[PDB]
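Snapshot of 10-1074 at Envelope glycoprotein gp120.
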Amino acid sequence: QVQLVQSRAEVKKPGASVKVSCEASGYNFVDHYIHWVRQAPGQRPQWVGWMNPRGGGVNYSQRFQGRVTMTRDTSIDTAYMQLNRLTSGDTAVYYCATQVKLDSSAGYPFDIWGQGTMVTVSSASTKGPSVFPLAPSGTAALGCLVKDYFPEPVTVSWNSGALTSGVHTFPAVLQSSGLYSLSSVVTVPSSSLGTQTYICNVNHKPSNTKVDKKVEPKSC
Amino acid sequence: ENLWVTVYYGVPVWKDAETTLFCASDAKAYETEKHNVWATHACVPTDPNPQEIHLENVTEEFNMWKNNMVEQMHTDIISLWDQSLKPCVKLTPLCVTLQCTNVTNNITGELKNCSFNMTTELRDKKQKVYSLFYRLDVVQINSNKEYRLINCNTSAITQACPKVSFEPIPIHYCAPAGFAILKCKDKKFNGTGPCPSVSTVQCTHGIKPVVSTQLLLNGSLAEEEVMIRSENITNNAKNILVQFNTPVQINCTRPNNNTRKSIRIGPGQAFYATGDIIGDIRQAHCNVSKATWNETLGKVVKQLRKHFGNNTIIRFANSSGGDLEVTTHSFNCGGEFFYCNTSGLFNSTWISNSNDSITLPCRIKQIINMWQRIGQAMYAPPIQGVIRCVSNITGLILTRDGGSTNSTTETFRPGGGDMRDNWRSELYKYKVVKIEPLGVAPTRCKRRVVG
Amino acid sequence: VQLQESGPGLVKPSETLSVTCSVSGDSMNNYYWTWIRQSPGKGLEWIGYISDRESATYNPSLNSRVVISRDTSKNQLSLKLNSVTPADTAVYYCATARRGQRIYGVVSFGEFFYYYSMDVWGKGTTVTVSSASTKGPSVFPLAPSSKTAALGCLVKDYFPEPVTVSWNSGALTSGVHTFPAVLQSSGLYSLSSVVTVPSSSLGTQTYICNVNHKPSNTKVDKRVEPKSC
Amino acid sequence: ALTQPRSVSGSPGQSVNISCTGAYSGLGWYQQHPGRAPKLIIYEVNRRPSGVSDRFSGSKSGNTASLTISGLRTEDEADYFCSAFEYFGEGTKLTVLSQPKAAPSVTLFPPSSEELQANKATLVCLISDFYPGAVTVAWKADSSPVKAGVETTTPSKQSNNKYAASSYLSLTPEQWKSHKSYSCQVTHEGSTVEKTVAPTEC
Amino acid sequence: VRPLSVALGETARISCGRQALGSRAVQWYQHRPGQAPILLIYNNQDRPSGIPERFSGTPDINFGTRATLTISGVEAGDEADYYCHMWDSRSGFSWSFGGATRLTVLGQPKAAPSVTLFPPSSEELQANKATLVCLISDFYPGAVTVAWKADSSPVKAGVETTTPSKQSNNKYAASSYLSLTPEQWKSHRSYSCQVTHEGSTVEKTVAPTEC
Amino acid sequence: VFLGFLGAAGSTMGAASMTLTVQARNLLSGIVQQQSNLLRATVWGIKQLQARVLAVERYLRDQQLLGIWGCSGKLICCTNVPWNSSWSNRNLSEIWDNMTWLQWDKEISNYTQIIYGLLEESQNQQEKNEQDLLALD
Ligand SMILES: *[C@@H]1O[C@H](CO)[C@@H](O[C@@H]2O[C@H](CO)[C@@H](O[C@@H]3O[C@H](CO[C@H]4O[C@H](CO)[C@@H](O)[C@H](O)[C@@H]4O[C@@H]4O[C@H](CO)[C@@H](O[C@@H]5O[C@H](CO)[C@H](O)[C@H](O)[C@H]5O)[C@H](O)[C@H]4NC(C)=O)[C@@H](O)[C@H](O[C@H]4O[C@H](CO)[C@@H](O)[C@H](O)[C@@H]4O)[C@@H]3O)[C@H](O)[C@H]2NC(C)=O)[C@H](O)[C@H]1NC(C)=O
Ligand SMILES: *[C@@H]1O[C@H](CO)[C@@H](O[C@@H]2O[C@H](CO)[C@@H](O[C@@H]3O[C@H](CO[C@H]4O[C@H](CO[C@H]5O[C@H](CO)[C@@H](O)[C@H](O)[C@@H]5O)[C@@H](O)[C@H](O[C@H]5O[C@H](CO)[C@@H](O)[C@H](O)[C@@H]5O)[C@@H]4O)[C@@H](O)[C@H](O[C@H]4O[C@H](CO)[C@@H](O)[C@H](O)[C@@H]4O)[C@@H]3O)[C@H](O)[C@H]2NC(C)=O)[C@H](O)[C@H]1NC(C)=O
Ligand SMILES: *[C@@H]1O[C@H](CO)[C@@H](O[C@@H]2O[C@H](CO)[C@@H](O[C@@H]3O[C@H](CO[C@H]4O[C@H](CO)[C@@H](O[C@@H]5O[C@H](CO)[C@@H](O)[C@H](O)[C@@H]5O)[C@H](O)[C@@H]4O)[C@@H](O)[C@H](O[C@H]4O[C@H](CO)[C@@H](O)[C@H](O)[C@@H]4O)[C@@H]3O)[C@H](O)[C@H]2NC(C)=O)[C@H](O)[C@H]1NC(C)=O
Ligand SMILES: *[C@@H]1O[C@H](CO)[C@@H](O[C@@H]2O[C@H](CO)[C@@H](O[C@@H]3O[C@H](CO[C@H]4O[C@H](CO[C@H]5O[C@H](CO[C@H]6O[C@H](CO)[C@@H](O)[C@H](O)[C@@H]6O)[C@@H](O)[C@H](O)[C@@H]5O)[C@@H](O)[C@H](O)[C@@H]4O)[C@@H](O)[C@H](O)[C@@H]3O)[C@H](O)[C@H]2NC(C)=O)[C@H](O)[C@H]1NC(C)=O
Ligand SMILES: *[C@@H]1O[C@H](CO)[C@@H](O[C@@H]2O[C@H](CO)[C@@H](O[C@@H]3O[C@H](CO[C@H]4O[C@H](CO)[C@@H](O)[C@H](O)[C@@H]4O)[C@@H](O)[C@H](O[C@H]4O[C@H](CO)[C@@H](O)[C@H](O)[C@@H]4O)[C@@H]3O)[C@H](O)[C@H]2NC(C)=O)[C@H](O)[C@H]1NC(C)=O
Ligand SMILES: *[C@@H]1O[C@H](CO[C@@H]2O[C@@H](C)[C@@H](O)[C@@H](O)[C@@H]2O)[C@@H](O[C@@H]2O[C@H](CO)[C@@H](O[C@@H]3O[C@H](CO)[C@@H](O)[C@H](O)[C@@H]3O)[C@H](O)[C@H]2NC(C)=O)[C@H](O)[C@H]1NC(C)=O
Ligand SMILES: *[C@@H]1O[C@H](CO)[C@@H](O[C@@H]2O[C@H](CO)[C@@H](O[C@@H]3O[C@H](CO)[C@@H](O)[C@H](O)[C@@H]3O)[C@H](O)[C@H]2NC(C)=O)[C@H](O)[C@H]1NC(C)=O
Ligand SMILES: *[C@@H]1O[C@H](CO)[C@@H](O[C@@H]2O[C@H](CO)[C@@H](O[C@@H]3O[C@H](CO)[C@@H](O)[C@H](O)[C@@H]3O)[C@H](O)[C@H]2NC(C)=O)[C@H](O)[C@H]1NC(C)=O
Ligand SMILES: *[C@@H]1O[C@H](CO)[C@@H](O[C@@H]2O[C@H](CO)[C@@H](O)[C@H](O)[C@H]2NC(C)=O)[C@H](O)[C@H]1NC(C)=O
Ligand SMILES: *[C@@H]1O[C@H](CO[C@@H]2O[C@@H](C)[C@@H](O)[C@@H](O)[C@@H]2O)[C@@H](O)[C@H](O)[C@H]1NC(C)=O
Ligand SMILES: *[C@@H]1O[C@H](CO)[C@@H](O)[C@H](O)[C@H]1NC(C)=O
Ligand SMILES: *[C@@H]1O[C@H](CO)[C@@H](O)[C@H](O)[C@H]1NC(C)=O
């Protein structure tokens, strides 16, 4: 009881529209307003609107009027919102909420919250990962760099699954173009440089992609 | 030096109470028909002269948004509709597949000539009839084409008996003994708070229950400056209620000379279909003098900057949401239900430093689900002849926009989804209290000793 | 502002009928323009119009067979009708139209309609649709009694109507009386023209009948002379 | 214009001092844990919502609100926010120091040979085993500021609850063979290290 | 078509063939067969320059008022076809001119026909064909009987006869043709043409031997 | 001059205690204002009836208190319950002059029940019994 649930996360591209549901239950949906808020992973939350079911009426933050459209389906105790003219600049986490169990009839602020719907807007057209090693030279470090692949995740390994210790991998930065990019590193004894061989592998299902990289031992 | 408590009966002490209030209407009995929806058979006749009694030195708090009287009239009006709808013709059989075609080929078509089978008086016999239906009441289903009424998938429907009238007449409200109604006589009355000038009345003023949207009609006005009353002005979620100081004029017409078709659909039951239009087919509209409307907006932005800064950009825009009944100045006029595009009004920009009357296109429905109510829908029967009713605009209901670029400029569009908001427009000046005639105070008076 | 139509007078079925109207007394741009026909034994039929702005509208009853244009150079309006049938035999009239707007409601919404009044009319042009070939007429003199007297010319066995006849090339106008043509059993036409003249001009004044049959382009000049007695 | 502090130092059993200045500010106070579902802590400015802990209360002014906490925990490590009707303050990441400080283990990598052959040269600097979750990356080829080709991540939670980050200086096979040795300077808690790479190895 | 008859001098009143629904705009046209049409009244009541004030149309003053043409002082010359071009706001574009009211004016002076009969021309007999030509003018009414005789016996071979038609003077004219052979022409003593009109007969005669 | 009903509700307490007949009149009627009205013969009926019951129900509870306090016939009666001064410390001048029954009833909103218990226990439970043993002679 008294809870919000939202539609599934989506990824849409520029221009396109997007409709997100927010199914509400545990309280008589009709009486209370319903506002919608947007958080970017990395800026504040930006209020957008509100819509009483009793009348279905709205008003939208001027940064947002026109592009947005909020709709209800009281037959089912549910609201919606549709955002058109999608640009990459509007990718963010979108939460629905209302004030019900307070004692403040002034409509504000909001306490009851949908978990949220994450919406990624990016022209994440299909682009192929290019994998490049990182050479060695006490101890010596060697790694591999996976670059320029359309949506995550990739999977990287070493020595056909027989070399697992001393390694550390770092999170993929969405490169500003719409290409993810990550890399790996393993620390080996410099006494095995020139004799022992060390190899890296990479995987990416979205395009049925598979890249390897041989690294013969440099004498160092 | 001997202090004794002493009892006083009939002392001027009262307390705030929520109680069962009563109706009041002029004892005008113009029956000479069978109409009258609001005053009914026996709403109690009004006092010839009301005894509005001023109370010296007395200062009382009013709060129209936490008022129990509004949240009472609203429910008071509701029960009367159902009570007037119950004995009337239920249109369960009008949900047949409707075969409808467009009227006009001199297109310069929002209305349909609709043929359908129906039930006759004999249970076994069926009839093919035609009726005219406005576009809003009907929907298409899949060659012909085939159609249905909009309500058939939401609720059942019942037709208002033709005898009943939808005209709001002023209705007062009187309190039982032991209770009292307090009436604020403050012209500059803020939305809420203490009213320095208070009179007491047995009954409220004639409140015309005009059910209307985006604009209050045939109401009570405001003295001096136009009045802005909100529960919280700075809060968008709480509406902003506006009361005018000068009434403007509105002429509303449905310009087609319509006709009523009595179709018998059973023993006693009789459906009133829309017959062929006679004369031109013209769309409903309302004019308001454009000059007067520019005047009225000035008094508004003047009372507005007293709450928004001497300088800020205050513009007006049209409604941007809601049902069809909230997007339009919805109202009833003469028995047909009008829904009017208000964009020509809320179109200007204000910088806070002939008539040429604006015309509003109006659509019309006969199937209505009023009071944001799902369930019993109503068929308003067609009104024979042309319609023209004159209404004053005695108020407005507005609403502001959420967070913009530092509030650079502030924007106002209409809408009033709750109906009580219309009642607050006539009830801000009243409040309910209960009488406490028992007071205790210390005096030197002692009763004669028993011993 | 005066208009005179001209056409082929006869086209065979499935061919194209072309009629034009020459304008005198005024230009073409200040009026809406229109064509109408009258078939023998049936009433008037409205064909279509072309406005000031060269925008043309045609009656849908005609199955898209019509082209109207304003050849503004010759001050001519043109009409061509393809896929003709014998059912198209009629008199074709050109006319100007004055456009009216009758307001019965609000202009901003559009509660008005346009209508047309035809204020200046042409003379008409007769066209027969038949596969039969034209035949130029034979003209014979009808001599006056020798004993006032009436004389004329007989225009025999022609096809189709009409024929123009003048007397002394237009110079003899008082007392001329031409008759409606007879349709013979052979399906050929004949008509007659008579002029009543003073008995005392005979033998000295030459009376020559000028016959113009545009469809077969037969123009015959026929002397009518007095009886030898 | 609605504003509040950005970061606040803290530790268990302590108290944290935060602010928010603005008209009608401190209408409510929220807590977003990394991920989803922000949650109201106190409505108005001093209203224990029915159903929260008692050690929560808030003060304010004519334009400046202030949220107050006693007996800090690691359970209150999240981002905290100031509500103003329509407008929402910037955002304070409250840190509750439960781990000791850790200096970054920095390893800078030059571009590989099969990366130089496809018309590419990416410098790979990996920043690991630091706490709290923060490292500043400053790329300077020959100590001159390079403001071209810089990709930075955000601090990610390792297995050891220390934090990791990585940075990418996108260079060309022509840019990789121009300067003497590209020096990536990782600032940690003020301290700055200098790890350098060149096309001639160790 | 719809026929109507009126006596000279009376006021004729013509109803539209089609009835108006709603707001109307009516133009009236007069056509006598063989002429271009003339606009009599437009926009219901308005009369173009050149039209007598004897003619009036019905103004559209609120609805119900059937469109009517009023003709004061009916003349012989008003015998014509009348068209009501009905335009209204509900019927769409009015492509149809409506039915014609064919106006007959009765009461015109009877006028006996003037008749002239011509024998074959000297040029035609040379071409071996003989046709008799009978021309009839100035009569009213139009009912007329045309018969041919050879000597004094009826003939029905080769006889071709026209429909009577109005002259500019509003009386009627007609003609009759008898197609023969020269052998018929010279072998007979004479031929006669007989024109019967309102109970009276005009008869002329020709002969191969006459001057 | 006679002006109406409750005019002195905001005046000082001494002045208001004088016009108790006027307030006594309007507590029940009621039937001058609304018998039914059964002169002509729904929702208004229910409201009316609920209003009439609420009026006599409130009125009879107040007259009930005066009966067991021996004040049935009177508009003003004095008692034996001493004013324990802790109830209000204002002297006989601050209470009755430059204060309304309202600001007094607000100040006295407490101890009202204690006084009621003292009013029902202290006198009328003893006074009526002493009257029976007294009239025996
Ligand atoms: C619409 O909705 C919004 C919010 O949703 C409403 O905004 C809020 O309304 C509240 C009323 O419901 C109001 O609450 C009052 O707060 C005052 C604050 O005063 C002091 O309170 C604290 C003590 O408990 C102090 O700690 C504070 O620091 C504060 O100090 C002073 O506050 C002044 C307020 O602006 C500030 O500026 C002064 O403003 C005045 C007015 O304009 C003059 O200019 C003056 O010259 C200015 O200096 C001072 O700088 C500041 N001073 C210092 C040293 O900090 C509170 O006092 C009050 O409490 C009343 O009752 C108590 C007893 O219970 C009594 O002791 C008090 O004296 C007082 O009488 C209220 O609780 C909120 O402040 C306000 N804002 C916020 C953010 O919540 C709108 O009002 C709603 N609109 C409508 C139409 O309803
Ligand atoms: C909207 O459209 C309506 C429909 O047209 C229109 O109302 C009509 O307006 C016309 C205008 O011409 C009125 O016509 C007048 O009729 C007078 C006599 O009224 C009798 O006749 C009515 C119709 O007559 C026809 O039908 C009957 C039935 O078969 C037949 O006998 C007749 O011969 C004729 O063909 C008839 O309907 C009417 O009955 C009414 O009352 C009964 C009461 O129970 C009710 O049952 C009916 O339904 C109806 O309501 C009655 O029997 C006639 O005398 C008059 O001429 C004089 O009138 C005035 C008198 O004041 C004089 O000033 C004037 O100069 C003439 O001397 C005229 O012909 C017609 O009556 C109206 N409609 C009805 C139903 O009555 C509206 O005006 C339109 N509104 C707009 C456009 O805004
Ligand atoms: C919505 O749709 C409805 C559809 O019903 C529209 O209403 C309809 O409107 C039409 C048009 O006016 C109307 O038809 C007229 O009918 C008249 C009667 O003639 C017909 O009907 C008779 C029966 O009434 C038939 O039987 C004959 O009756 C004779 C006695 O009158 C009898 O002697 C004979 O032996 C027969 O038994 C008859 O055969 C014929 O079908 C007509 O006078 C009228 O005239 C005009 O239209 C027609 C169509 O071309 C022409 O032929 C005619 O010469 C003239 O120009 C109409 O035909 C129909 O009854 C009516 N229907 C209803 C149910 O009222 C309505 O307009 C639409 N619009 C709106 C807004 O609702
Ligand atoms: C709310 O407000 C609206 C808006 O005002 C009101 O709407 C009016 O409603 C009324 C009643 O229903 C309507 O009244 C009708 O109006 C028409 C027209 O009247 C006007 O025009 C005539 C025209 O005469 C002059 O102009 C002509 C133009 O000539 C040329 O026209 C054509 C242009 O293309 C062309 O094709 C022609 O061939 C021609 O060359 C001249 O020829 C003529 O000689 C004049 O100079 C005037 O006579 C009038 O005075 C008036 O100006 C009338 O025909 C009807 O009788 C009727 O009166 C009115 O039209 C609506 N207004 C508008 C703007 O349309 C509502 O009524 C209001 N409602 C409420 C409840 O208040
Ligand atoms: C309720 O009212 C509705 C109309 O609003 C009526 O619905 C119609 O139902 C009938 C069924 O009786 C449909 O009628 C037609 O059925 C025909 C079958 O043949 C009939 O005619 C022959 C003639 O020799 C008889 O032998 C035979 O027994 C049948 O009587 C089809 O031929 C029809 O198709 C024709 O019409 C449609 C459009 O209507 C065209 O698309 C076709 O090309 C063809 O021209 C049709 O199927 C009829 O379709 C229904 N009406 C409509 C508008 O669709 C009900 O009868 C009435 N009463 C009820 C429901 O009780
Ligand atoms: C309350 O309002 C009263 C006036 O209202 C009247 O009196 C109340 C007691 C109520 O019963 C009301 O219903 C009633 O209408 C104010 O009272 C005024 O007080 C002044 C003293 O400050 C009086 O002045 C005196 O008048 C006499 C008569 O000539 C002189 O001899 C005196 O020397 C002195 O001038 C005044 O008459 C009196 N009345 C009016 C109408 O003002 C009162 O101030 C106010 N507030 C309270 C009682 O707290
Ligand atoms: C008779 O009425 C029907 C509706 O019941 C008409 O059908 C409508 O056809 C139009 C044109 O294809 C559809 O498009 C619409 O055009 C308008 C005008 O620009 C525009 O404002 C709309 O937004 C829409 O794009 C329209 O969708 C369709 N009606 C419905 C309900 O879908 C029909 O044209 C009418 N006339 C006949 C049948 O002669
Ligand atoms: C608000 O005020 C206007 C102004 O009066 C109201 O218009 C009134 O509407 C009623 C109902 O149509 C009219 O009363 C009736 O008129 C008919 C004839 O139309 C008559 O036969 C009846 O006896 C009855 O009097 C009234 O004329 C009309 N007022 C004016 C000035 O025309 C309007 O209805 C009011 N209410 C609402 C909800 O708008
Ligand atoms: C609505 O507006 C009309 C304007 O016509 C008001 O009617 C006027 O009322 C005043 C005072 O009652 C009179 O002095 C005028 O003479 C009235 N105007 C007339 C008769 O044309 C009316 O008061 C307004 N209010 C309501 C509730 O109807
Ligand atoms: C006067 O009354 C004061 C208020 O206390 C009240 O009376 C006592 C008997 C209890 O019932 C208590 O709960 C009430 O709130 C006393 O504090 C005071 O001592 C009393 N003094 C005298 C002299 O009666
Ligand atoms: C309403 O009350 C508030 C509270 O002081 C005040 O700021 C505002 O100006 C008041 N408005 C009016 C019209 O009294
Ligand atoms: C706003 O204007 C009003 C009225 O003209 C005036 O009383 C006031 O001083 C002005 N205030 C400011 C801040 O401009």
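Every chain is numbered from 1 and lettered A, B, ... according to where its sequence line falls, protein lines coming before strand lines. Determination method: X-ray crystallography, 4.0 Å.
- In this structure, the ligands or chains belonging to 10-1074 are chains C and E.
- Lab note - other chains with heavy atoms under 4.5 Å from 10-1074: B.
- Listed in the PDB entry as the source organism of chain B is Human immunodeficiency virus 1.
- Using 4.5 Å as the distance cut-off, the chain of 10-1074 with the most heavy-atom pairs to chain B is chain E.
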